Each structure stands twice: as structure tokens, then as C-alpha cells.
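Brexanolone bound to Gamma-aminobutyric acid receptor subunit alpha-3.
Naming: A, B, ... by sequence-line order, numbering from 1 per chain. When a ligand or atom number is given, it counts from 1 through the structure's own listing order. Just the heavy atoms: all of them, side chains too, but no hydrogens, waters or symmetry mates, feed the values below.
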Amino acid sequence: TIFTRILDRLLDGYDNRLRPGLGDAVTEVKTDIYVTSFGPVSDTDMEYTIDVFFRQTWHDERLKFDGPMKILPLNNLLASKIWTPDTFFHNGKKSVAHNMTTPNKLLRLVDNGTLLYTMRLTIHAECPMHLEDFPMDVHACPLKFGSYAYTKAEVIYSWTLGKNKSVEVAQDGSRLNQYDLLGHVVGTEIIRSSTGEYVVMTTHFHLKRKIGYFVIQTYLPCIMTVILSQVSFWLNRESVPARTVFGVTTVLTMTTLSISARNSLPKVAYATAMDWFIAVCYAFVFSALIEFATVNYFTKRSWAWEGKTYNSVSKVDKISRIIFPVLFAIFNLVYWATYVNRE
Amino acid sequence: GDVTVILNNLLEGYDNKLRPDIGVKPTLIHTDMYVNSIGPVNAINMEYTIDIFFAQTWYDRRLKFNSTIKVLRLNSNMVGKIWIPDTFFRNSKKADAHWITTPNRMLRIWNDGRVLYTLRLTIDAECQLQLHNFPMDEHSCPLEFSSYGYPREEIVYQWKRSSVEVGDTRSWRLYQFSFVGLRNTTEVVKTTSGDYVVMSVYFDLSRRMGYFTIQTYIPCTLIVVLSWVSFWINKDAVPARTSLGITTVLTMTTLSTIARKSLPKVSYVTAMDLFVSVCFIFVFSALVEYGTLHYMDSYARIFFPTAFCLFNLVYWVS
Amino acid sequence: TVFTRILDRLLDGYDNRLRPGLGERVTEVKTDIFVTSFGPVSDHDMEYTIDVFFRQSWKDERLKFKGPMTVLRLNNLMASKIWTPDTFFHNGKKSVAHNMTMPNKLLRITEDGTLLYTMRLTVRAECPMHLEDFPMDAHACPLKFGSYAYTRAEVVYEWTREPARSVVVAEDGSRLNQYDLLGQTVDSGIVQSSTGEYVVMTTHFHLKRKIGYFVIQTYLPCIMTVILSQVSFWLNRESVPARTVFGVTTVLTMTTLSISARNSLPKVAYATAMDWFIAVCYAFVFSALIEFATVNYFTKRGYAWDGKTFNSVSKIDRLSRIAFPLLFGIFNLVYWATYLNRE
Amino acid sequence: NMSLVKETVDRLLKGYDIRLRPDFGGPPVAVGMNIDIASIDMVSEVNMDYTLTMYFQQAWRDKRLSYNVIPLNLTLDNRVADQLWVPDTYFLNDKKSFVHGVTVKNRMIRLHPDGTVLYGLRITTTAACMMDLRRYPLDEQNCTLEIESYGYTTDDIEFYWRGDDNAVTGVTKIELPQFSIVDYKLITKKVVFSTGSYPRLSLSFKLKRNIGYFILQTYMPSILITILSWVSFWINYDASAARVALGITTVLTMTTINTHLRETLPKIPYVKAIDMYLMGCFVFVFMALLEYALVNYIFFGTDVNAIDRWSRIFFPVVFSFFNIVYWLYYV
Amino acid sequence: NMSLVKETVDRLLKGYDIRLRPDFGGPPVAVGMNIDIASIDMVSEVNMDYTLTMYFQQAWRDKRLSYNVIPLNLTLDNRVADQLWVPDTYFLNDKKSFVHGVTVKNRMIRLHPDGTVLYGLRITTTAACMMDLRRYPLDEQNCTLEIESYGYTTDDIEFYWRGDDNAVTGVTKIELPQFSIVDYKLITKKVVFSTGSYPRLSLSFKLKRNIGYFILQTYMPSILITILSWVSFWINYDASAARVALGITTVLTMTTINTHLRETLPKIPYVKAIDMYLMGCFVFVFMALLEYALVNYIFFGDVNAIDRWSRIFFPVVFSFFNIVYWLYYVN
Amino acid sequence: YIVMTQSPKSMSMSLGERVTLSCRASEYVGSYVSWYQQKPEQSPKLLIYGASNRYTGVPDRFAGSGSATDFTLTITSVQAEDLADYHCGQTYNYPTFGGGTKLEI
Amino acid sequence: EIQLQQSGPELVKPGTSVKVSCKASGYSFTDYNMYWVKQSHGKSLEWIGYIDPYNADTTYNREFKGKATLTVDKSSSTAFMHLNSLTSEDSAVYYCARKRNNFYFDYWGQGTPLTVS
Ligand SMILES: CCCCCCCC(=O)OC[C@H](COP(=O)(O)O[C@@H]1[C@H](O)[C@H](O)[C@@H](OP(=O)(O)O)[C@H](OP(=O)(O)O)[C@H]1O)OC(=O)CCCCCCC
Ligand SMILES: *[C@@H]1O[C@H](CO)[C@@H](O[C@@H]2O[C@H](CO)[C@@H](O[C@@H]3O[C@H](CO)[C@@H](O)[C@H](O)[C@@H]3O)[C@H](O)[C@H]2NC(C)=O)[C@H](O)[C@H]1NC(C)=O
Ligand SMILES: *[C@@H]1O[C@H](CO)[C@@H](O[C@@H]2O[C@H](CO)[C@@H](O)[C@H](O)[C@H]2NC(C)=O)[C@H](O)[C@H]1NC(C)=O
Ligand SMILES: CC(=O)[C@H]1CC[C@H]2[C@@H]3CC[C@H]4C[C@H](O)CC[C@]4(C)[C@H]3CC[C@]12C
Ligand SMILES: CC(=O)[C@H]1CC[C@H]2[C@@H]3CC[C@H]4C[C@H](O)CC[C@]4(C)[C@H]3CC[C@]12C
């Protein structure tokens, strides 16, 4: 009952619409983030989801109190009875403030007046990806946030601990199936808007796309399709149906594997590195079918070897057997080196 | 007005938190439904939507009024001011009342204290479909509802004489099911908190096989007939025989896959999966039959249709 | 301040819970609909979405006023303070009353007490469809609405203008992709329920499906598959692999086409018109395969014609070349005349 | 100084009637509007709508909210908006929309000394845009946002773009994965309904479709499968199995591409540009199959070689001419 | 009796401070938690979570809610819960959860004479579960539900299982479409964050995958494709059309099966056990195609001996691969 | 507008015998059809509002029914007071009354 | 008991206008629309137009468009029909009807024979 009397003494005449030090000073909102889990990244929608304990600390001289306890951990509900920063995420597409069983917020009021206001959030933030070297791509996905209504003359956001120190990440808190969180770089900028100039706290999370998935699903099938096409080079000259079905099936496979590779991608006209690799594999299979057509043009006996003139083994096919694999190998070396070495 | 003063007196000093006759005797509540339309049964999620006018009646001794007015018919605005039983549907995965244009809730109070409380509910109820004989499977889907907090000693439910007013079944959205029968029951379930009275509406529904006969069984059967066509083809036509066999086996696998996507991820073999597997055996055996022939055909021509029809008879009987 | 005083007098002693003229008369509600945009018709769920300005007008002697203005135009916040009809759609299913920016509802109180209460609604109403004639079907999708708690002796509904002129559809509101809104016809009836007799206003929107999409998606591919089955007739009999691939291809293609036709429809236990069309087309292609088998039985010589005996062109093939196109054309004429000519 | 501001604000909200608009019973209130587009992502043809995120700001003069004692602009908490009259603005195309709520309700209220009120909302709205897909993917879609006052006629409210073409910003910096905003126009209208005449603002984006993607995924596979069908002309006529295999598989593969692509689009009745090009490619491959059937009927009915040679060069020529006429129509 | 109960409940809620926990400033309040799991709707490996429906009960002692005049347990209606202090319990794994609300909020309040409050909720939680699919589908995943207090440190609130193993019930009757709950384990710990130390209850379900579904769906199709690919070894070498068609069909079918199953699973970068099996089957079918290519290059570019050794080698070494695979995984 | 046609322009019915009238509408009028009685040199008197419903204070013998377009009015037994001219009007669209039928002896 | 009282018969020559009134007493005038009908001797009843008394919104028949002007008097609670450019074809008997709702005309006027020659 003592703390009830204290609480009602620090809420009577407390207008929660007004800022701390409004008309007298700026409010330094010392912000911290604890990433409980870095949610999955949706490349199709160029956004990522992140679960965070978003901690805000600010000094509110109206709420300074003198009592037996030096800190009051109060129920989440009281958070709605006092002023809080109107923090919002500049790239937040659709964020959720969890409230089960009850609103997941905490409000610790320190004796001097400092408020430690924290809340669990799931934030779906927009990360504009430049997919040109995809899948060997690295993205510095930002997480920008700041006051929605208050100018820099009204609210300024700072980091309590200091850059990098402030934004922590749980050791097991990583739901990145296909990315790897290399790290984060905390920054702070001032953005101009139609209504004023706003301080924006940015934290770029550096994500490295693990290529194992796309290797298994695209590159190995495509390479094996190319090798399937060159199996036709080792097939017989005089077997027209067999090498025909071989070539047409491999070309059809590459059509389906290009469209299938592009369903996972977002619909962007960048012609990603996967598109370049698929295009060259397409060129190889199509050139294999063209080579078979070229050899079939000069097929004259039209009878395969038995045991009565027989078609001699094609010189073109003999040269193809060695040239096509070697050129495709050096293609692979050049492409892999170029994309792996670059950032 | 007269009605306003009567209703004001009814709510004056009314404790909404306390049930009628709390600590005196159980409150007897009679429940009568009117099913607007059973919605689509989602076998993948093992749930079925149902729309109902759920009406429950109870005697409240605080809501008796003597006057020329025999009944007060009121809108949903009253519902929040009086005690309503905390009825919840045990097998409800998700549910929501209807709020357009206004809350779809009716309240009616008789002079003798009786209260009729009705509301329109779309309930996505859970029904555990045992899909062992699917699509020849009959399901008795329940709709359990009980007080969440008031034990058997405080709230009791007994079906009213008009227990369920089954609607016109023709307008019902049952595409694969046919409403076979209405059953109902009341029981007592012992929970950790206490004993609770549970009333379950058993809707007995039988699935119709016509859609699946044309959607699944007929295509598969025709594919088996295509495999049979291989026997009449000359054996010397190796590309033709091989192409027909491999095409039939491959497309059978594709049909099985797409069928398995439309079904739940159940850890057993459904009837549908059993019949596509037996069709797989037939077409694959045709492929191996040609393999043996190259390395008999006349006997196959007669044997295969006879075995398939025998399996069909055993299957339909089962 | 004067208008605020008037509104205070209107709500002073007003009883939200009692309908107008309780214990004196039936409350007549004159209703209107301005379909802002006839939203997409979802055949899979046998429901249609419609966006409407749903107007209601009723006389409430309690809300009579005398002031400088004859019609008080007011926002939604006043509406919650007054009695409004508890209208609901008997076949409604998960409607939404729009809230952005504010609750999209107007209220206008005329000095005689007449109210004009309009709201913008997106209503997904159930439309039971008999798809026997699908895709040539025409559907009279209803929109039944009425009071939930008030019987005919309590609340009666009416059309504010002539019944023909009381449901107005905007010129540019047609959001129908595969439907053509021919018009609407309205009626008023009574429904018997366990609680009493209820007045129900019904309006049937007469929709005619546009067959173009299914012409391009289903009918043309089916016809082309049939013709692809008949090119096998024109081909020589000795090319057993060629005609075998042709016929098996046509049958499998018609199988996937049939499945693609069904999954585009809500599940039903009866066969639609397109199901019959596909069944006859499947009969044609399967008959082509059976015909190929029949001629293959009589193919005495395996070797093809060269410019030694030679196989004669099959008689069955020659008769098929004319019969199959003639039977298929006669069937198409009969089918299209049967369904298109129907009202 | 905070006490003075507190007393001033409480004075403003004391006696304020949220039911009445500014100058109720007087001339219409002029409500200016400015928009900062944050994204126009997810333009959906299947749903015939586009999801647009914006900082919808509307400014209006409310004599009741005028104060002279404080010389700075009072930015109040978002929760005060519920205590103030706000225009009943709605988007007639809005299928589904929401104001962002994290960490708090993303609204803005900024009372200026002269009485002006700057009401800002961070709104995500899935607006309806009926797309004439006859030229798709070579189309330019005139999608719009129809901002209108619901209950207040033109005799009670007035709209205007605050700043003419500078009232809308952020449009040039929008990166759409499948579009380019070639132009946007700002229109002011007065729309008459049965209820009355209302003021209307229309923000119309002429969104031009980026063809490069559709060339990558749709056109080149079709062309390559047509060239693949042309490969049949270089195979000897005696190879029935090979040539029919090629022509069949290519006709089937183009029919399947047609059906899958049309599945990704709404069930529209009219032929689209993609449909016209795919049908032309289908006709070319089907005529190649019928070309083999012609040389097979003639051989099995020197001359046979003539049709092969003629078609070998004529088919590329006629297909290129088809491309030229097609692109000229659609480019 | 009515008047007395009404007076007593009025006395209890009179002056009650919802903001302060029981014994605020005194020792921690001990909250016992009991759970009755009604159903586990699904286990979405794609989204790395499971949907669980439960009767979550928490009981705790509040001296302010102790009554003596009436000798019975007042089971008040659910809406009184919003007027009482309840633990601010949350779930760490919770991505999307909701308390049901038909016909009312599915919730229970029951005050006992001694002050004990029994608080029940009906909750459906989509709890995150990061699965380790290296052994998939032979995998056992211990998906967890981490119940934790948000604002109150161990100095303010304490959790426990009322009944160290009887506090969780109904697990045995749970029906999972593709899992079988082998075990459930209840543990309590303390977790330290930068804001302080908090109590934590952890309910762990050791779900074991039901292999039968994946036998029908994944392993049997792969086995049948490989077995049918072995049919090529019995066909004569001078059937190149049929041999190559059979082999290419096998390789293509395994390619489609691999891509299809990987589309039904999340985009993981590590090779699963199903991936090891599919790669082995891929190697066998692809080596069958290369086996025919080698036969061809030896005869055109002895043969019967190579086919003869293939016929026995492939099934034998594939069976040994199967045995090694199972013994590594199933045993 | 909507055209209303009454087939039996004139018929004679013996006193006490059942007599049935008919009224046709050009197109849909729903249930919005009313039947009125006009005695010589008197204004019309409503008899059957809606397709079936009967106005208050009317003898029970009068009774009618109809579909969307066709309509019929039937008198269980003609009486001396029942001799008059019977009109059918529609209110689905702007009013348009029918030719009218006259009964004698 | 609602009774629509119309004016008596009028005698007039062609080419001049006439005014025919319709007075209602039982029901409140503004609540329901007032319709005017004309029945030519030995012919079907013919609708001429209706007026909403409250706001005087009027709608006429295309055949009679511009020939008849409908007005109302709230204070007198009376509906007036003004006929202009009379001709011999105009000779008929007018009634005024009360539309209770869109199902029937509840009461009718006594009839005002118009004579022109
Ligand atoms: C697209 C890939 C192919 C494009 C290459 C396009 C280049 C191109 O068109 O090749 C022409 C020629 C074709 O030779 P071809 O493949 O037909 O092989 C022999 C050649 O035609 C002889 O002239 C024939 O003997 P003859 O004298 O008639 O009696 C002999 O038949 P036979 O007498 O024994 O019965 C044939 O088997 O090959 C080259 O000159 C080397 C090119 C190596 C090309 C390799 C580069 C990869
Ligand atoms: C699935 O993973 C969870 C991860 O939380 C496992 O929970 C852990 O289970 C172990 C074994 O019961 C716990 O160990 C305990 O340690 C204390 C000392 O701190 C000891 O006194 C206990 O007797 C017990 O051995 C551990 O605390 C607990 N929580 C963790 C690791 O965070 C769970 O066990 C796993 N599933 C199964 C079926 O084990
Ligand atoms: C719902 O259940 C009850 C019983 O469970 C049915 O009504 C009772 O039926 C028994 C058996 O004939 C009678 O002895 C009781 O007297 C009945 N109750 C009453 C109040 O009369 C009821 O018919 C069931 N509903 C159905 C079948 O629709
Ligand atoms: C002379 C010739 O080249 C022959 C070879 C292939 C033949 C066509 C096959 C498909 C037929 C479908 C329908 O039966 C209508 C006639 C149809 C178009 C045929 C016309 C004559 C053709 C072109
Ligand atoms: C000698 C022999 O029997 C022949 C039969 C089949 C041939 C292989 C086909 C696929 C090729 C893909 C790449 O281009 C590298 C060479 C590659 C592996 C070839 C090696 C030699 C083989 C085994």
C-alpha cells in the first residue's frame, strides 16, 4: 500500500501527451536492442523478420521519487499511463507487439527518474537487396528506427553503451536457415522529411547467403544436365532417335530448370549470377544439340557399326568430346573465382 | 418510457460477475441451435467450419419483471450488461461471432425471469477424420461445448425439446459429404479444475465418391488400361513398348504425388493411397513383363484386366 | 456550440436499447444499396465479394430537432450513441466494415427525425451455384438481409425508392473478371424461424460467366489435343513409335487437362458441362489410341514404304480421317448449340 | 515551462466537440494533403490490387485548436488524435488497410499557433487497381488512389494538394522489381452520388512494366522452343520417331508454359499480349509439326526435300516478321 | 446468499491495486503452473515451429484476495481477470498466439478462501522450434515451450510445477499427423539478461518422426525408380532409343523428386539424411546411364559381360548402401 | 414501362360459384402485385396486396397467388356485392395497371 | 380512418389549365408519397406522376411529362395537380392514391371527373 501511494503521487497531474523537458530541452532516448532471434529472410519479398527486446532508457524528471526501493519494476499496464517515445521503424513493413499471456512489456522506474521501458517485438523490416551476384551475395540489411512525430529539436536517439556494444544478439538466437549473420555495424544519421529533420538510428546486419542450398537445388542439377548433354557426344553417330531424345530432353530440362530457378528469385530484371550460369549451361546444351544436328547432316550410311559401308566415327563428334568438357570446366573456374573473390 | 424504467430497474444493483443462484443450486441452461450452413470440411487440417444460431436459455431470478409487457426483445447492446454463461467450444480451433452491420446477438427476457440469449457463430471446429478408408469414409463430427470455469455443481446443460433445428440441407456447403444423421449427447468430464458438463452435437456425415471417381480413380484406371495397351503392341517395337511403359509408370507416380499434396500428412496408408499403389503394381508389372518378353503376351492380355476387376470388387466391398 | 447543445439534447435521456416506436408501431426501415464495385466472385467458395454503400433510413421521433440547419451531417461517433437497425446478411460470411481513415459511416439527422445512416461495407455473401451448365451458367446470386433480434411485428424493411430503382450499380464498379453483371432483381419475403417470422429483403444479382477464359484455357487445348490425336491418323501406320508417342501423349495430356479443369471448380458430386466436353474429348483421343492399336494388329510388315512387298494404307485410317473430324465437328456443333442457345 | 504547455493543451481539449467539423454550419474546411510514398511493392494482377505504404499527411485549419501563448509548434502524442476531429477520409479503392502500430500507433499531431493541424499517418493500404492487361507485359497501368471524404459533402469539406505537384514526394526513389513509375499525376474532382456531391483527390501512377524480366523468363524460352522445333527441319524425313518426338514435346511444352503462366494471372476473358505472342509461337511450332506431317503424307501417300529446304529458311523469316509487327504494335 | 457473495467480492476488489504484485517489496510470489495439452495442430518444419493448443493454468497466493465469510470457491466470470493482478507470463518461442474468444474469452478465475487464485486460459501458440534436420526424416526433435516472466525478476516472481510430473497431462492422448511424442520433460531454471535474472519453466516435447508417411512418399518412389532403372541392364545393347530413354527418364525423375521434396522443406544449406539417400540413388541411376554410354562407346566407339556384371553389382552394392544407411540412421 | 395484361376481359359466373381471374406482367415484377376492386362510379378498393397477402377488412373468400410474372385472383363464391371491375397493378417499377376484368351475373 | 378528399368535377373548354386538389386528413401528409392516376372512361388506370410531400421531389410519366405539374402544401396538407394545354383527349376521371409502401396503394381519392369539349 506504500508503493500504491507513491505511484498515485507520480501520476496525478501527469499529462502523458507532453514530452519530457518539452519546450526546455531535447530528450535523449538511449536505445538498446537484444536480438532474441534473427528471423528468416524472405528474398521473394525483400524483407526479413527479427525478434528483439527493444530497450529504451530516458530521464523523466516528473517520475523521480523518494521511497524505500530504489527501483520499481511495474506491471506492463502502467506503461500506457505514462509518456513513451513514439518510436517506429522506418522500414518496418508489418511488426507485431506480442501480448500473450499479457502485454510483453516491462517498465522499471528508477529513483532518480530514469525509465527503462522494454518490449518484445517481432519486426518485419524491408531490406532492399541488390541481387546481381546472387546466390554469392552479401546484404547489409538495415534496421532504421526513430520518432515518428518529434523533430531532432524534440527527440534525439543515442546508444547507451556505444556502437556495436549496444546491439547484442543471443548466442542461440539465429533463425537464419540460409543466411549467416556475419555481424552488425551500428550507425546514426539524420534524414530530411516533408515535416522536418529526424534522427534515425540504423543498425546494418551483415548476412552472407550460404550457397549450399542453391548449389544442391540449382547448380548440381544444371551441371549434371550439361554432362547429360555431353553423354550424347559419347553416343553413336548413326543413332538419330537416341541422341535426338537426349538433346531435346536436356534442353527441355534446362528450360524447366531455368524457370524453376527463377521461381525462388524475386521478379527482378538483374540477370543474377545464377541467371548467367544457367544461360551458359543453356548455351552448352543447345550447342550439343546443334552439334548433333551438324553431325546428322553428314550422316550418309545411316547404319551403326556391326560386328556394307559403315559411317566412320565423326571427326566433329571426336573433337566435341574433348573440347566441350574442357571449355565448360574453364568456364566453371572463371565464374566461381570471379564471384567468390568479390565481396 | 415504461420499457426503459423496467430495464433500468433490472440492471440496478446487478452483479454481472455472479451466476444465477451462485452457491444455492446449479444453473440449468437449455441449448437449442439452428445450423445456417455447415461450411467446407478441411480434411487437410482436420477441421470443419459451421455457421449456427446458437441459442441458450436460463432462468435468472434477478431478471424477473411484472408488468403488462410479456417479453423484452433487445439488441446486442444489452448482452454486455447481464450475466452470460461462459460457454466455449472445446474442439474449436478458431471461431468468431458476426459483427456486420452490428453484433449478431439477440437477447430476450420473459416476465418470469427466463432469458433467451442467441448469437450467430462461425466456428471452425476440430473433427478428427480417420482417413483409412478415404474417400469411402464416414465421419461423425462432434461439436462439444461447455462452461470453461463453472463446474458441474454450478452450471448444468440439458438439451431443449427442439434440441437442433437442422436447416435445409440442400443449401448446405457440403460438397463431398451428405448429412446422414443427427445425434446428440450430454456427459460429465472430470478435469483438473473439477467436473464439467459437456454437450456434444454429433453430425453423421458420409462422403460421396463421385468426385473422386472422376478426379482420381478414373484417370488411374485409364492409365492402367494404357499399360494394358502395351501388350497388343508388337514386341519388336522396342521404343514403343518402353515408351508406353515408362510413361505410364512415371505419370502414375506424378498422380500419386499430387494426390498426396491434397491430403494431410498422415502416418498411414489411406484407401486412396492403397489403390494408387496397387495401380502402380499393375503398370510396373506390365513394364517388367515387357522386360521379360524381350529377354506370354497373350496370357497377359487376359490376365491383367481380370486381376484388375477382381481387385476393384474386393476394394469396393472393403 | 449551438449544434453541440442540440446533439446533447438529442442524446439526453435517449435509450440505445429500445427501437423507435416500441409498443406503438412497427419500425419501418427503408434500405438502399449503391454497389460501389461488384467485387470478385469466388466460385471455389460459392461466395461473392461486393463493396456497397449500404444506406438505411428510419424515422425516430426521439431525434427530432429544430435549429438553424435542416440536416445535421455527423460522423460515425454519433451513430454508436443512437439506436440503429441490427441488420445482418442472412447469407453473409466474414464481411468487413472499413475503418480507414476513420469508420466509413455517415449519419444525417433531418429535423423531422428521419435518419440517413450509410456505411461502406465489403460483404462476402454466399451464392449457392448450380454448376451443371458451367461454364455457360448464369447465377442469380442473392443478398438477403434483415434484423437479427426483431420479428416482423417489431422491424419491417422497405426499399426507399421503386424496388427496381433501389439498388444502383456504378458504371465503372465492375471488378468481375469472368462474370458479366446483367442486372439485379429485388423482392421482399418472410422467413419462418424457431424464434419467429422475420422480414427478409432479397436482391438477386444476375451474373453471366464469360466463357473466353475457359475457351483459351480449356476448350482450345482440348480441341488441339484431339487434332493432335488425328494427325496420327494422317501419319503412316508403320511408324509405330511415332504414333504410339502421339497417342500416349494425347491421352496423358487430356488427363492433366481434365484435372486442371476440375481443380478450377468448387467440389461437386455432379458433372458440369465442361466435364462432359472433356469426357467426349477424352473419348475421342482414347478412341484414337484404340484405333492405332487396331491398325497395328493388321500391320503385317514392319518396314516402311520406300521409293519387296509394301504395306497398303490402312482402310480404318482412311475412314477415320473423315469420320473423326466429322463426328467431332458434329459433336461440337451439337454441344455449343445446346448450351449457347439456352437462356 | 511545461506546465504552461500542459494548461494550454488541456484548455484546447476542454469542451472540444469531436462530433462537429471545423466551421460546422459555415463554409467548408479546406483540407490540404501531402503524401510521401514509402513503397508501392507487391503490385498484384491476380488480386487486381497494389500494396502502397505512405506517410499520408493531411493539414487543416481548426480555429478551436489555435493558441498564441507558446511560440513553438506543439507536437503531441499520437493518442490525442482520438480526442480531436479528423477528416473522415477514406480510399475508395482500399480493399484492406491498416495504420502501423509498433512501437505505438504511428500517427502524428502537431498543433501550430495559427490553428493549423498537421495530421500524419503511416498507412499501408492494398488499393484496388483494375488492370487492362490487353497489352501485358508491354502495358502501362494507370493505377489510382481515390481519396474522398465519406460523410461530408463539398458544402462541408474541401480538398486540395498542398503544394500542387510538390505535394507528393518520394515517388522517384521507389524501386519496383517489375515496374517503373514513368509519371504520376495529381487530380482534383467533385464526385456526385445519390447522397450528394463530395470532394475527391486522385493520385494516379502510370506504372510502366519492366519488360526485361518477362523477356528473361517467358519470351526467350518460347523463342528457344520455337527454334528447337525448327531443328526438326534439318533432320532427315525418314527419322519419323525423332522428328515427331521433337515437334510433340515442343508443342506440349509450349501448351504447358501457356497454362502455367495463365494460372499465375487472373481468369480474364480477353487475350493479352503475352497470350498473343504465345499463341503465335504455338502456331509456328504446330505448323512445324504439320510440316512434318505434310512431308510424311506426301512421302507415304526430290519433291519431299523441297518443302524441307523452303521451310528451313522461310520459318525463321516469317517468325521474325511476326516479331517485328508484334513489337511495333506493342513498342 | 447472493447479497453476501456480492458484498464479499465488492470487498475484495475495493482498493485492489492491479499494478503491484502479491507481496510487493516482500518475498517473491510463488506461481505454480499446470498445463493440459488439448492438441498439437501441426509441426511446420517449413516455418520451424509447431502449433499447440492447451489449457494453461497458473495458481498463486494473493493475500488481498482471501475471504472467509462464505465457505466455497467463488468461480467468477472471466471478465474479472482484467481487474486482478496476474503474472505477466509470456512464451519465448511464441511467434503468433491468441486466447480464444467464443462465446466469450476462454478464461477462468477462481478465488479460494485462503487467497489462492486459480487462473486458467485456453491458448493456441505457434511456438518456434529450430529443428536439426541432418538426420531427417529419421530425426527426433525436442521442441520446447519456454514459459517466462517478462518484467519480474527472480526477486519478484518464482515459478514451479505444481506436481513435478503431474503438472502436465493430456500428452499421451495427443494425435500428431506425422509425429509421436516419445517423451515430455519439465524443467525449471534461471536465465540472466542485461536487465536481470528471471525464472524460466521449460516444457520439452521429444517428437519422433513417423517414418511411414515418408516411406510411401519419398523412399519408395526413389527405390522403385532405381529398380526400374536397373531394367536397362536386361535390354539388348542394340536398343539405344529405349535404353537411353529409360535411363534419361530415370535421371530426370530423380531430379524432379529431389527438387520436389526440397521444395516441400525449408531452404536449408546442409545435406539431410534424405538428401544423402537421394544423392546415392541419383549416383546409381546416373551411373546406370553412364553404364549404357560406356557399353555404347565400347561396342561402337565384352559388352554382355559388362551388362552381366552390372545386373548383379548394382543391386548388391545398392543393398549394401541401404544397409549401411539404415544402420547409420535407423540403428 | 411494365405492361399488365388481363386475359379474361369479361366473364360471367353464376352466383355462389368459384371464379378465377388472371393478370400477366411483361417482365419481372416479383411479388409486387396488388389487386383492387372498383365498383361502378366508385374508387378502387384494395383486395390483395403482394402476391398472396390479403388486406385488412376484406372477406376471406378473396384469395390470390402468382409467380414472378403470372398472377391469379380467385373468389370462393360470387356475391351480389362482389359484382365490380377487378384491376391488377404493379409497384416493382413505376405503377402501370392492367386492362381490367368485368364480372356479370 | 384515412380519407383522401379530392375536388369536385370541373367544367372547362380546351386550351386552358385546371387545378385539381387532393386533401388527406387521417395520416400525416409528409410520411408517404402521393400518386396521381387517371382512368379514361372504360379503360385501364394510368399513372401520371407522384410527389414526395416532405421535400416536394416530383416524378412524372413520360406520356404526361410536362403536361401535369405536381405541388404540395404542408400547412394545407394538400397535393395539387395542375393540367395545362387541355385537349379533348384529356377527358377522364382522376384519382389521388396514397402509397403506404412499395406493395400497394392503401387509400384512393373519390374521383374528379374532368370534362373538356
Ligand atoms: C556446333 C558444333 C559443331 C560446329 C562445327 C561446324 C564445322 C563443320 O561443319 O564440320 C565440317 C566437317 C564435317 O565432317 P563430318 O563430321 O561429317 O565427318 C566426316 C566428314 O564429313 C568426311 O568428309 C566424310 O567422308 P567423305 O570425304 O565425305 O567421303 C565422313 O564420312 P565417311 O566417308 O567416312 O563415310 C564424315 O564422317 O568436320 C570438319 O571439317 C572438322 C570440324 C570440327 C568441328 C569441331 C568444333 C567443335
Ligand atoms: C530438448 O532441448 C532442451 C533445451 O532446453 C532440453 O532441456 C534441457 O534438459 C536437460 C535434461 O533434463 C536439463 O538438464 C538439467 O540440468 C540441471 C542442472 O542445471 C539438473 O539438475 C537436471 O537434473 C537436468 O539434468 C537442462 O537444464 C534443460 N534445459 C536447457 C539445456 O536449457 C531438453 O532436455 C531436450 N529434450 C530432451 C528430451 O532432453
Ligand atoms: C438430444 O438428447 C436428448 C436426450 O439425450 C433427447 O431428448 C430426450 O430423449 C429421451 C429419449 O427418448 C427422453 O427420455 C427425454 O425425455 C428427452 N428429453 C426431453 C426434454 O424430452 C433429444 O431428442 C436429442 N435430440 C435429438 C435426437 O435431436
Ligand atoms: C495434306 C496434309 O499435309 C495433311 C498432313 C496433316 C493434316 C492435318 C492434321 C489435323 C487435322 C484436324 C482436323 O481433322 C481438320 C483437318 C486437319 C487440320 C489435317 C489437314 C490435312 C493435313 C495438313
Ligand atoms: C570411356 C567411356 O566409357 C565413356 C562412357 C560415358 C563417358 C562420360 C560421359 C560424361 C562426361 C562429362 C564430363 O564432360 C567429363 C567426362 C565424362 C564424365 C565422360 C567420361 C568417359 C565415358 C565414361
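Lab note - all copies counted, brexanolone located at ligands 4 and 5.
The heavy-atom neighbours of brexanolone (ligand 5) at a 4.0 Å cut-off, by chain: A, E.
In the deposited entry, the molecule designated chain E bears the name Gamma-aminobutyric acid receptor subunit beta-2. For atom 16 (C) of brexanolone (ligand 5), the choice among A:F328, A:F233, A:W234 with the nearest heavy atom turns out to be A:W234. Nearest protein heavy-atom neighbour of atom 9 (C) of brexanolone (ligand 5): A:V231 CG2, 3.9 Å. Using a 4.0 Å threshold on non-hydrogen atoms, atom 23 (C) of brexanolone (ligand 5) does not count as touching the protein. With hydrogens left out, the protein atom closest to atom 6 (C) of brexanolone (ligand 5) is E:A293 CB, 3.6 Å, a heavy atom. Ranking protein heavy atoms by distance to atom 15 (C) of brexanolone (ligand 5), first place goes to A:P325 CB, 4.4 Å.
Ranking the protein heavy atoms by distance from atom 13 (C) of brexanolone (ligand 5) puts A:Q230 OE1, 3.7 Å first. Atom 1 (C) of brexanolone (ligand 5) is flagged as protein-proximal [any protein heavy atom, distance under 4.0 Å]. Restricting to heavy atoms under 4.0 Å from brexanolone (ligand 5), the involved transmembrane segments of chain A, by UniProt's N-terminal count, are 1, 4.
Atom 18 (C) of brexanolone (ligand 5) is never approached by the protein to below 4.0 angstrom, counting heavy atoms only. Annotation: atom 12 (C) of brexanolone (ligand 5) to nearest protein heavy atom, A:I227 CG2, 3.4 Å. The heavy-atom binding site of brexanolone (ligand 5) at 4.0 Å consists of A:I227, A:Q230, A:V231, A:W234, A:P325, E:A293, E:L294, E:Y297.
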Give a table of atom pairs where an N or O of brexanolone (ligand 5) lies under 3.5 Å from a protein N or O.
{"residue": "brexanolone (ligand 5)", "atom": "14 (O)", "partner": "A:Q230", "partner atom": "OE1", "Å": "2.7"}

